[PDB]
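Figure: tigecycline in its bound pose on 16S rRNA.
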Amino acid sequence: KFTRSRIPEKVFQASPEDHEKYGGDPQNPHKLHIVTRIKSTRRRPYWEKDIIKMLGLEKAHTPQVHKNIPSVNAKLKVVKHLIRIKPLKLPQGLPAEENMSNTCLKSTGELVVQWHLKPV
Amino acid sequence: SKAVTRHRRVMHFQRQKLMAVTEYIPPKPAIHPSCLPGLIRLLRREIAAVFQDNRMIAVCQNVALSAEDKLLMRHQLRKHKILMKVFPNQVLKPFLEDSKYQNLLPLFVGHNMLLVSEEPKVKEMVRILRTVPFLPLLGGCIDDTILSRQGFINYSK
Amino acid sequence: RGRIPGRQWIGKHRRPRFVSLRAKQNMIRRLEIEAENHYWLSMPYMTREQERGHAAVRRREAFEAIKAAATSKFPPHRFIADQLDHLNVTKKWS
Amino acid sequence: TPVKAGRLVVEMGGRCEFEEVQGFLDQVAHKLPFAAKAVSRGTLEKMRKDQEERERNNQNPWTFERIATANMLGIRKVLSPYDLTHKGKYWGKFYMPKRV
Amino acid sequence: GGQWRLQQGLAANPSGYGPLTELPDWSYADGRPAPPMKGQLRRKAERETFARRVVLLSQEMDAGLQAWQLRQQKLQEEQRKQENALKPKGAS
RNA sequence: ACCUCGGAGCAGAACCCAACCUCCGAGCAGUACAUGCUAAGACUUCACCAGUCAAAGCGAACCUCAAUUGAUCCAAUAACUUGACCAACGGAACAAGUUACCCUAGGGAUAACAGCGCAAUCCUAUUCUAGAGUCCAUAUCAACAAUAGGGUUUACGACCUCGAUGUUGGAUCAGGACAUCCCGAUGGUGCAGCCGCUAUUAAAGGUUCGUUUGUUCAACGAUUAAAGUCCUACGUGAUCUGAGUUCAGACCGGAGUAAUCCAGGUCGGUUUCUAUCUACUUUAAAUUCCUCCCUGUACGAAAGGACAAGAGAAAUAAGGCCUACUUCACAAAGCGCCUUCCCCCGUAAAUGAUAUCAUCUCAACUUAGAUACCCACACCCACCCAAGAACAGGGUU
RNA sequence: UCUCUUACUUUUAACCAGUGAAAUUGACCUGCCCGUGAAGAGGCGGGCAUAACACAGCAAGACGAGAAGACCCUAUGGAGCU
RNA sequence: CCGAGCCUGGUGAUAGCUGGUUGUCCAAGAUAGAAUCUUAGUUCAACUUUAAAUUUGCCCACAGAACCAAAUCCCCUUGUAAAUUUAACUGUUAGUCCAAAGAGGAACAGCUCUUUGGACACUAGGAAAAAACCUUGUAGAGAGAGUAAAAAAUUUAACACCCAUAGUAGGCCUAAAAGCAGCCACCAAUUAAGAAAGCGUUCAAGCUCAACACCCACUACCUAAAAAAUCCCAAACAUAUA
RNA sequence: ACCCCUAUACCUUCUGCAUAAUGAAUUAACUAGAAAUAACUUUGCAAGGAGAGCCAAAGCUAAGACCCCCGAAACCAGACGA
Ligand SMILES: C[NH+](C)c1cc(NC(=O)CNC(C)(C)C)c(O)c2c1C[C@H]1C[C@H]3[C@H]([NH+](C)C)C(O)=C(C(N)=O)C(=O)[C@@]3(O)C(O)=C1C2=O
Ligand SMILES: [Mg+2]
Ligand SMILES: [Mg+2]
Ligand SMILES: [Mg+2]
Ligand SMILES: [Mg+2]
Ligand SMILES: [Mg+2]
Ligand SMILES: [Mg+2]
Ligand SMILES: [Mg+2]
Ligand SMILES: [Mg+2]
Ligand SMILES: [Mg+2]
Ligand SMILES: [Mg+2]
Ligand SMILES: [Mg+2]
Ligand SMILES: [Mg+2]
Ligand SMILES: [Mg+2]
Ligand SMILES: [Mg+2]
Ligand SMILES: [Mg+2]
Ligand SMILES: [Mg+2]
Ligand SMILES: [Mg+2]
Ligand SMILES: [Mg+2]
Ligand SMILES: [Mg+2]
Ligand SMILES: [Mg+2]
Ligand SMILES: [Mg+2]
Ligand SMILES: [Mg+2]
Ligand SMILES: [Mg+2]
Ligand SMILES: [Mg+2]
Ligand SMILES: [Mg+2]
Ligand SMILES: [Mg+2]
Ligand SMILES: [Mg+2]
Ligand SMILES: [Mg+2]
Ligand SMILES: [Mg+2]
Ligand SMILES: [Mg+2]
Ligand SMILES: [Mg+2]
Ligand SMILES: [Mg+2]
Ligand SMILES: [Mg+2]
Ligand SMILES: [Mg+2]
Ligand SMILES: [Mg+2]
Ligand SMILES: [Mg+2]
Ligand SMILES: [Mg+2]
Ligand SMILES: [Mg+2]
Ligand SMILES: [Mg+2]
Ligand SMILES: [Mg+2]
Ligand SMILES: [Mg+2]
Ligand SMILES: [Mg+2]
Ligand SMILES: [Mg+2]
Ligand SMILES: [Mg+2]
Ligand SMILES: [Mg+2]
Ligand SMILES: [Mg+2]
Ligand SMILES: [Mg+2]
Ligand SMILES: [Mg+2]
Ligand SMILES: [Mg+2]
Ligand SMILES: [Mg+2]
Ligand SMILES: [Mg+2]
Ligand SMILES: [Mg+2]
């Protein structure tokens, strides 16, 4: 019979070769996740539809920021087949109140605080 | 249908795609390693015996000779006391090559036969040979001198 | 000449389907995406004990706002200007 | 009598070798209702270490076991719970020896 | 050419976040800037909303971490305050 | 056969969970006589009804069991209480058969025909080599078993159709497959010859007439070169038949109290359609037997007894035509006469490499290995015609 | 009757003139093969075919027309009979 | 149109059954079950709709749930925004395929019966047409763009050469069992041959295989079908940088 | 205008209809949702409301807003018919 899936804990135990392939640093983890929906909830269980609504990923290809906390990661682990998780990177730091109107997320996953629309 | 059928059941297409994607891929060598790069001691004692004893050694090509004929020829040479030693070439040739009567080397190809004896009773050997025309008396070497067939005949009369 | 018995893709005897290359390249692509998801969910910033209560005020206050709306339902005000304005459906020039 | 894949049906021994027994044992195996092969101790060990060598030598990043146990792409929606332990080598009563 | 554009960081759709979609379409011929376009106004509002969520989740987590710290130091304070109030006598 | 209640599995771990699913039981018994009274909080058989547990308190003392059951009204009784195998067990207070003499409303939600799915049954092929075949698995036949197909039967299912998809045989006209009955070509033989058996290839052509049965089939008579197996809505009833079968009448035996019935027999019993659309309505290469000769030759101990090559003589089919017969009579016909022309592939050999022999070769290679019809075209009013439904066509010197 | 059917006459028929119905009809610009599909296709897929339009003939199909199946099942629908 | 005439009336008989049911536009919305002369219906529940009131509802973590597998229950965080209750009702209560766990049947069915979950009775793209498989869902205009699913691959069977005398017709056993019907032993001579592995003899006799020699060297790919009925079925193509 | 590309009439019925399931030639006219108990909304007045009767521990008075059409075989009464 078709049920929910308990994913073994080993899958989320990462290897050093995994680190060099996807450069991320085990010490100093990244804080915020850019999650985008890249597959449908049709032809899928109702509980996976409920999690996509809870995570706010009802529209496909629209990026959402979430916390890299153990509770959110548990939900993203029931919908990991219908999404893409990238780390949110911050080159020039966190936006300020004088800078909140000139931000852009970019496909690299990098919230830049100064968008100018001018060649470098 | 039930999970266990008498026939191979048709899978779901996603399971088919899963099987195709998870097929086994063998390791491929880069430069193809195909393209990349006993009784002989006893027999050595016996050849050392036929060469460090009997003074007369005679090589004859081992012609087919049906059993009765092989046996009869042997009893006659036994009378004049001559031994019919049939020893393999793959042990015999390199021994000749390093034990110095190496001029018998281009002679021991094909089927061969050693007629040896301390007594050089070559005349009786000859009488026999000529009774059987299809036998050569290839050659040999008496008193450590390499001789041809005609030399054997000369040192016979 | 070749008819599949019954309906083609259901039943005991189906029309056989085979996997092309692009079908496999599509499945392989979705597999690499899911593996990168497995890694970025392998380094939790916080621990459960460290996040035990860090959002309680925001969540409680949001539910208090929802209660505020669902409690503040009531019929709208009525106006004598709205009632007396209907008299203008007979406003002639002269 | 129910027989599963990997069970010895008959065993023979004595002052004989595998060729001698292998002739009529392959005959009987062929007439058996499932797939069956005449095997020796050495050939059984060689088959098992060949399967282990193939599993270790596989150059495909994607295995049935990995995808199934991780529910990669939501594939448990087309799989069976017994496939988590069968690992794609068994499909009903049929064993597939070429799967790793 | 979506994968190539992603490899250069320039979105995947050329109608996404670049100058070709975000610069003004026109201006008055004398040179006055045109009023802002409606889609660009909606995009800037949504980008503000995203950035404001980035600041909040960071500062909610960055506040929860220090709260956990300031709780464990109090627990270790009430574990290190172990002075025996009266003095041992008896078989000593 | 079952219909209510309980335990176990299916239903492995909170609950729940179906089948004319697999098993086992119940329709009580025993004790007590506070088996009194009362009252928080709960459970609950997926609703309701009904069912279950219970602290504290008053009063005393100092229930086992799994199911072991039955509502309302009404009846009985002074009262407390007590009444259904109401077992179709949520129970109508009390009502059976039969209908082909039948009727109505519906149903392809559901059977009979046909189609479709399926292949248990049925049929075929291969693999395996026990066994039979004097000996010898493999000339021939073949067990236990395995692998595949086929879709002719009997079934199973209930998916189209019950505001109709008419039926068994037969007639007529047949289209197709080949798993070949005959005619062709070939390989094996437990092939001397004549006959056979068996396998490969072949679907151009052909595949009889009768007695009985309604009959498919079957038996029998006489033939034949042979008297194929199937599919086609068990091909084909707006082409036919109606013996059977399938309404109303009747008889025999049987069943039933009878009405009436029998998956038994028997006699009788209305077969409509003026064609709108689709499609179709003249596409010249024939097969087979027999006789003589080869020849009493080959072959064979004999008895028996060929194949080629050659000549004729028919039969059928296709096309045509009246000279004479015959039906007849300016003509149409057959019972009469005339004509009728290619191959066909399974294999068997030579040379010769891979693999310096050999080897027919998914090696390069060599050999066995159509013509004829038709064909010009505003003389046309009209007349004639061997031309013709009309129209067209031929002739009119 | 049939082997085995042929000939002629009359009716019908066809053409001309007069008169002039009926069932039927969602709309049709209404082809063949294989496949598909509510499981048997003019209309769907792949192929093929294909200027237009009368008259005569035919009955393979339009699950052809007719008759809200006579058979079977159902209905807390009828009726006759015992 | 007599299994019971016809006409009028009661009569607008009754019909859990078929058929029918008339302007525009938006929105929410798919069915666990129990009773029932009931299963072609109804009533209650559930689900669905509207309006009100209030506070939590879903997802979830340690701890926790019995003796004789996948999972669930419970559940704070957290991510979210729903839930319960009150009032008022209708309609649905004749279900199909796919994946999975089972059951019945033939480990038959487009078969039947449950359960968990899809999808369909809603849109669009794909899988030839196409319900139920895959991609994808919230609607308009555009002669812009990036994508999603998405196109079947396979072709098989050559295998040596050369040689062979003999203790004995080992014994027993037998009519005879001579390497070879069966039994016991399995030595032994030659450079090198089993008291013989297969074949063949009534038994004999025979010819192969294992052994000599010989020599380049055992060359050694370890695999395997075919059938039906109107007419095969896209046309084609091995070689220009994913 | 055609040619090119795309596109399986409608209604009913159903698990599911291009269906070869139902109905329909077409035009014009005719031809099918009736009301209570409550609830809700909006006025009036308010411990009372209503033009006797009745309700009332915020009610009472008034209004608005919701419940189809055709069809049997039958049964009975009285006449009319040999
Ligand atoms: C055609 N015939 C053989 C027939 C057959 C059946 N049915 C069967 O026998 C069963 N057939 C099945 C099983 C359904 C395939 C039949 O059922 C009938 C009939 C005949 C009819 C005659 C009817 C007729 N009317 C309607 C024109 C008539 O004039 C009379 C009459 N007596 O006046 C009838 O009897 C008649 O109505 C009638 O009863 C018939 C059938 O019942
Ligand atoms: Mg089909
Ligand atoms: Mg087998
Ligand atoms: Mg309850
Ligand atoms: Mg107590
Ligand atoms: Mg009952
Ligand atoms: Mg009951
Ligand atoms: Mg009768
Ligand atoms: Mg049906
Ligand atoms: Mg049938
Ligand atoms: Mg035998
Ligand atoms: Mg069946
Ligand atoms: Mg059914
Ligand atoms: Mg019918
Ligand atoms: Mg009809
Ligand atoms: Mg054939
Ligand atoms: Mg028929
Ligand atoms: Mg017909
Ligand atoms: Mg007729
Ligand atoms: Mg009748
Ligand atoms: Mg009569
Ligand atoms: Mg037509
Ligand atoms: Mg002749
Ligand atoms: Mg040669
Ligand atoms: Mg006229
Ligand atoms: Mg009609
Ligand atoms: Mg369709
Ligand atoms: Mg068709
Ligand atoms: Mg049609
Ligand atoms: Mg016509
Ligand atoms: Mg009809
Ligand atoms: Mg009817
Ligand atoms: Mg009727
Ligand atoms: Mg009823
Ligand atoms: Mg009744
Ligand atoms: Mg009645
Ligand atoms: Mg009358
Ligand atoms: Mg009525
Ligand atoms: Mg909606
Ligand atoms: Mg009852
Ligand atoms: Mg009932
Ligand atoms: Mg009913
Ligand atoms: Mg959208
Ligand atoms: Mg309508
Ligand atoms: Mg139906
Ligand atoms: Mg149909
Ligand atoms: Mg229709
Ligand atoms: Mg239909
Ligand atoms: Mg009909
Ligand atoms: Mg109907
Ligand atoms: Mg009108
Ligand atoms: Mg009555
Ligand atoms: Mg009278």
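In the text below, chain A, chain B and the rest are named by the order of the sequence lines, each starting its count at 1. Structure method, as recorded: electron microscopy, 2.9 Å. Only part shown; contacts counted inside that part. Order of appearance sets the numbers: ligands from 1, and atoms from 1 within every ligand. Worth knowing before you read on, the calculation uses all heavy atoms, side chains too, and leaves out hydrogens, waters and symmetry mates.
Here, the model contains tigecycline as ligand 1. Other chains having non-hydrogen atoms less than 4.0 Å from tigecycline: F, G. Among the ligands and ions shown, the ones besides tigecycline lying under 4.0 Å from that drug are ligand 20 (magnesium ion). The site surrounding tigecycline, defined by heavy atoms under 4.0 Å, contains F:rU246, F:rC247, F:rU270, G:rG69, G:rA70, G:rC71.
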